Every structure is written in C-alpha cells, then in structure tokens.
Q: 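Here it is: the structure, laid out below.
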Amino acid sequence: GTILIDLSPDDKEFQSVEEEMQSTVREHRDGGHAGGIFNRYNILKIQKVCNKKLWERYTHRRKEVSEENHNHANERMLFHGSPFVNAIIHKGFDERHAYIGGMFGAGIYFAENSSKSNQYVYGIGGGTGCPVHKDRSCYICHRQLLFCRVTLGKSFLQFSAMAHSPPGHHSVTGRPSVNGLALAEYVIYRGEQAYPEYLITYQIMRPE
Ligand SMILES: O=C(c1cc(Cc2n[nH]c(=O)c3ccccc23)ccc1F)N1CCN(C(=O)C2CC2)CC1
Ligand SMILES: [Zn+2]
C-alpha cells in the first residue's frame, strides 16, 4: 500500500531535502573507492513515500520509546543507502536483513553524511559498482538514497576509531573519533523505529 508523490523542485520541502543531501557530503578516507569521487550531486527526483500501515507502525513504536525516555523519541532525519530500497519502501525496514557484519552490531544502519550512505547504494563497500558499467564512481547511472525519519530513543554512545540493542538503550550512536569531519552513524534493532519518508534519485557529479 505504498504510493510515491513526486515533489516539485519549486516545493520548499524539495529544497530542504536537497540541501540536506548536498551539505552533508564529505571526503572519504577510501579516496572514493566505495562510493565514487564527487563533491556534490545532481538531484533528479525527490518523492515522498506514503504508506499508512508503515507510518502507523512507526508512530506506535515512537510513542513506546518516548515513554521509556523522559518523553523524548529522539527522532532524527537520516540517510540510508541499499540495493534493496525498492523493497524497503513497500515492506518497510526488515531487521532480519540487517547489516550482520556491522561495526556496531547486527542492525539497521543510518548515516548523517549522505556520502557515507552513498557508499552502500550498490552494495557493501560499493559492491561491484553500477549494474550497467560495474563502476563504483559511475557518473551516468541513477542512484537512490532514502532520507528517513528514525527514532533513536536513548542511544548508546559508541566512539569509533574511524541482534539486540544494549540493555536499557533503543539504538546505538556510532560516533567517529579520529576523523573530525565525519558525522555520526546510527543503528536501530527494530524496523518499526524508522520510516522511509523520501526517495531521492540522483547522480554523483564529476568534479570540474
Ligand atoms: O541495515 C541494513 C544494512 C545496512 C548496511 C550498511 C549501511 N547501509 N546503508 C547506509 O546508509 C549505511 C550508513 C552507515 C553505515 C552503514 C550503512 C549493510 C547491509 C544491510 F543489510 N539493512 C539492509 C536492507 N533492509 C531491508 O529491509 C531490505 C529488505 C532488505 C534492512 C536494513
Ligand atoms: Zn553506470
């Protein structure tokens, strides 16, 4: 029961989502190996994801977490990249298909840096790149990210040197401590704690 509403570039909601994509690009320590070499995106489309059952599932869990956390859902808007974005928007996030080999445990991963999420769009470490050209830095093929509403509740703070949530915590904050320009990553252990609100289609742009 998911429908996708296409947003006009003139819509303020399009502009604020775009800004959140563009302004959270950073350089990656892999020199572009996983996600490609770029400083910005060409945003081709932004669609709002609408699915009543998934939304009600989201807001129900949110109220639970809120009540376990001095009335604070600790809701963020975070990026998620994956080859299975088309399954996430119809069926929601599935915690049995989590990142099993994740740095912060088996669970569903999100990023503050759009470019970190961009690294997973074609697979872990970027897989083998785009399906057409096998190119992790393809400037031609269309990529997709989700910009998602995520309940973190009480988040366990894990500093990093870059399954189930810790007892009495609702999520994990994975916070880089060596790269001072790297923003955080987050892990949730329940699919109902994220709702995939926006589906963003884009290309990476070749630096001039
Ligand atoms: O959380 C993951 C996952 C995440 C990753 C890593 C990851 N993926 N995407 C990111 O944006 C990201 C950001 C920071 C750190 C890690 C990531 C790898 C494999 C995975 F299966 N999911 C994969 C796809 N999921 C699904 O429900 C779809 C139906 C199969 C659930 C969520
Ligand atoms: Zn390509």
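Throughout, numbering of the chain's residues begins at 1 and tracks the sequence. We count ligands from 1, going down the list as the structure has it; atoms in each ligand are counted the same way.
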Q: Report the name of the drug found at ligand 1, as recorded in the PDB.
A: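 That would be olaparib.
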Q: From the contacts in this model, which chain binds olaparib (ligand 1) most extensively, according to UniProt?
A: Poly [ADP-ribose] polymerase tankyrase-2
Q: In this structure, which residues build the binding site of olaparib (ligand 1) when a heavy-atom cut-off of 4.0 Å is applied?
A: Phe79, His80, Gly81, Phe84, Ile88, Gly92, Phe93, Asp94, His97, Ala98, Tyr99, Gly107, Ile108, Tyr109, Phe110, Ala111, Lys116, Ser117, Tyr120, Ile124, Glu185
Q: Would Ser117 count as a polar contact of olaparib (ligand 1), with the cut-off being nitrogen or oxygen pairs under 3.5 Å?
A: yes
Q: In chain A, which residues that UniProt lists for Zn(2+) binding have any heavy atom less than 4.0 Å from olaparib (ligand 1)?
A: none
Q: Starting from atom 13 (C) of olaparib (ligand 1), locate the nearest protein heavy atom and write down its residue, its atom name and how far away it is, to 0.1 Å.
A: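 Among all protein heavy atoms, the one nearest atom 13 (C) of olaparib (ligand 1) is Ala111 CB, 3.6 Å.
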Q: Mind checking whether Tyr109 has an N or O less than 3.5 Å away from an N or O of olaparib (ligand 1)?
A: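 Yes - when backbone and side-chain N and O of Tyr109 are compared with those of olaparib (ligand 1), one distance drops under 3.5 Å.
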Q: At a 4.0 Å threshold, what atoms of olaparib (ligand 1) neighbour a non-hydrogen atom of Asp94?
A: 26 (C), 27 (O), 31 (C)
Q: At a 4.0 Å threshold, what atoms of olaparib (ligand 1) neighbour a non-hydrogen atom of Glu185?
A: 14 (C), 15 (C)
Q: Of all residues in chain A that touch olaparib (ligand 1), most belong to which UniProt domain?
A: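 The majority map to UniProt domain PARP catalytic.
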Q: For olaparib (ligand 1), is there an N or O atom under 3.5 Å from any N or O atom of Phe93?
A: no
Q: Can you list the olaparib (ligand 1) atoms lying under 4.0 Å from a non-hydrogen atom of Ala98?
A: 20 (C), 21 (F)
Q: Using a strict cut-off of 4.0 Å, indicate which atoms of olaparib (ligand 1) neighbour a heavy atom of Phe84.
A: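 Those atoms are 28 (C), 30 (C).
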Q: Give me the residue, atom name and distance of the protein heavy atom closest to atom 26 (C) of olaparib (ligand 1).
A: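 Ranked first by proximity to atom 26 (C) of olaparib (ligand 1) is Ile88 CG1, 3.7 Å.
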Q: Identify the closest protein heavy atom to atom 8 (N) of olaparib (ligand 1): which residue and atom is it, and at what distance?
A: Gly81 O, 3.2 Å
Q: Out of all atoms in olaparib (ligand 1), which are within 4.0 Å of some heavy atom of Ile108? Include the element for each.
A: 1 (O), 32 (C)
